[PDB]
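The structure described below contains fasudil.
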Amino acid sequence: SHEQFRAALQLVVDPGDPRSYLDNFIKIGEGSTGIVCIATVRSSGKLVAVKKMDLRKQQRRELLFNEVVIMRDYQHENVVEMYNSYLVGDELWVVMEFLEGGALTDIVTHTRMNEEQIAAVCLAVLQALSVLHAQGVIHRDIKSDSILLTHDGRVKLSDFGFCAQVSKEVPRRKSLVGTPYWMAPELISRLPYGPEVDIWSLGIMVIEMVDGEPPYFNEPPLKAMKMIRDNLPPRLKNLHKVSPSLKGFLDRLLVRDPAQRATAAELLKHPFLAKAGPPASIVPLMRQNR
Ligand SMILES: O=S(=O)(c1cccc2cnccc12)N1CCCNCC1
């Protein structure tokens, strides 16, 4: 079965081996589907990222094709640029843009963002989601770990390994996918769902940005899911630490009934996002500057 899948991947990826033009691989990250290294382009001295995913180490091996469909069809300003894909031994390698500012996780766990900064992030993410949802693409793993930054504060969506497409022929998805603490209620309830689940997950990320952790983060994953499924929408630790504008925004995200939840398109017009600062406003939050 493994050799069968190797062959299948070979027919969709680029030919060759990026080790022929890259030097000095250094591991910088570990994700749900594999590791991420920086590498130096020999000819230019430029830095790229290389995501390496072991075919044998996947829960759902077929989801590896998501990397390919996204790379081919859904490139965008607030989405990480993907350059080439390769089959290297038993691994799928994706050579992509290096986002040197790192992931939003490092910021939310170590510093407190103000609302100019939170609004900047939300605006960037919602811009990406509005375009993706309009083409039927659902990300399904929105969380601070999936948001990457450039050195000058530009925000980009990454980690599309769990995404799916809906359409007239396939209006809803049914799969149990994502990261427990960020999963929408209807998804946990095993109801057919749509792009609305990304909006709930963004709400949880707003809580990350304000409080530093998602709700129920101290609980075990399976217990947290049960609590998300059963209880009223999760609450901020301290409501006084958010403006009424941000509270009103968050209230449109964390709605249990998917039909009543705001869409990305509608949220781009919300007053809270008027507070959004330029990318420069994010820069002082990064490790190399604080
Ligand atoms: O920052 S990453 O190293 C990362 C991922 C994908 C592309 C990247 C591009 N440049 C820097 C870091 C990147 N990352 C590890 C996996 C899951 N945890 C957080 C994300």
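We number chain A the same way the PDB entry does; the residues here are 300-589, in that order. Below, all heavy atoms of this structure are taken into account, side chains as well, without hydrogens, waters or symmetry copies. Both ligands and their constituent atoms are indexed starting at 1 by order of listing.
Of the chains in this structure, the chief binding partner of fasudil is, as the PDB entry puts it, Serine/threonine-protein kinase PAK 4. Between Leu398 and fasudil, at least one N/O pair is under 3.5 Å apart. Nearest-heavy-atom check against atom 4 (C) of fasudil across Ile337, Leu448, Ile446, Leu447 picks out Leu447. Closest UniProt active-site residue of chain A to fasudil (heavy-atom distance, 1 Å): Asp440, 8 Å. Here is the list of fasudil atoms found below 4.0 Å of a heavy atom in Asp444: 19 (C), 20 (C). For chain A, a heavy atom less than 4.0 Å from fasudil occurs in the following UniProt ATP-binding residues: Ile327, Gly328, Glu329, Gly330, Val335, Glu396, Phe397, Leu398. Using a 4.0 Å cut-off to heavy atoms of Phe397, the atoms of fasudil that qualify are 10 (N), 11 (C). Ligand-side atoms of fasudil in range of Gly330: 16 (C), 17 (C), range being under 4.0 angstrom from any heavy atom.
Here atom 3 (O) of fasudil lies nearest to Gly328 when heavy atoms of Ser445, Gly328, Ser443 are compared. The UniProt domain of chain A that supplies most contacts to fasudil is Protein kinase.
Fasudil has at least one atom lying under 4.0 Å from a heavy atom of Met395. Scanning all protein heavy atoms for the shortest distance to atom 18 (N) of fasudil gives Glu329 O, 3.9 Å. For the pair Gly401 and fasudil, no heavy-atom separation below 4.0 Å is found.
Under a 4.0 Å heavy-atom criterion, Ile327 is in contact with fasudil. Binding site of fasudil at 4.0 Å, heavy atoms: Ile327, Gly328, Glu329, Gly330, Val335, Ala348, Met395, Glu396, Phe397, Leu398, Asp444, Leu447, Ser457.
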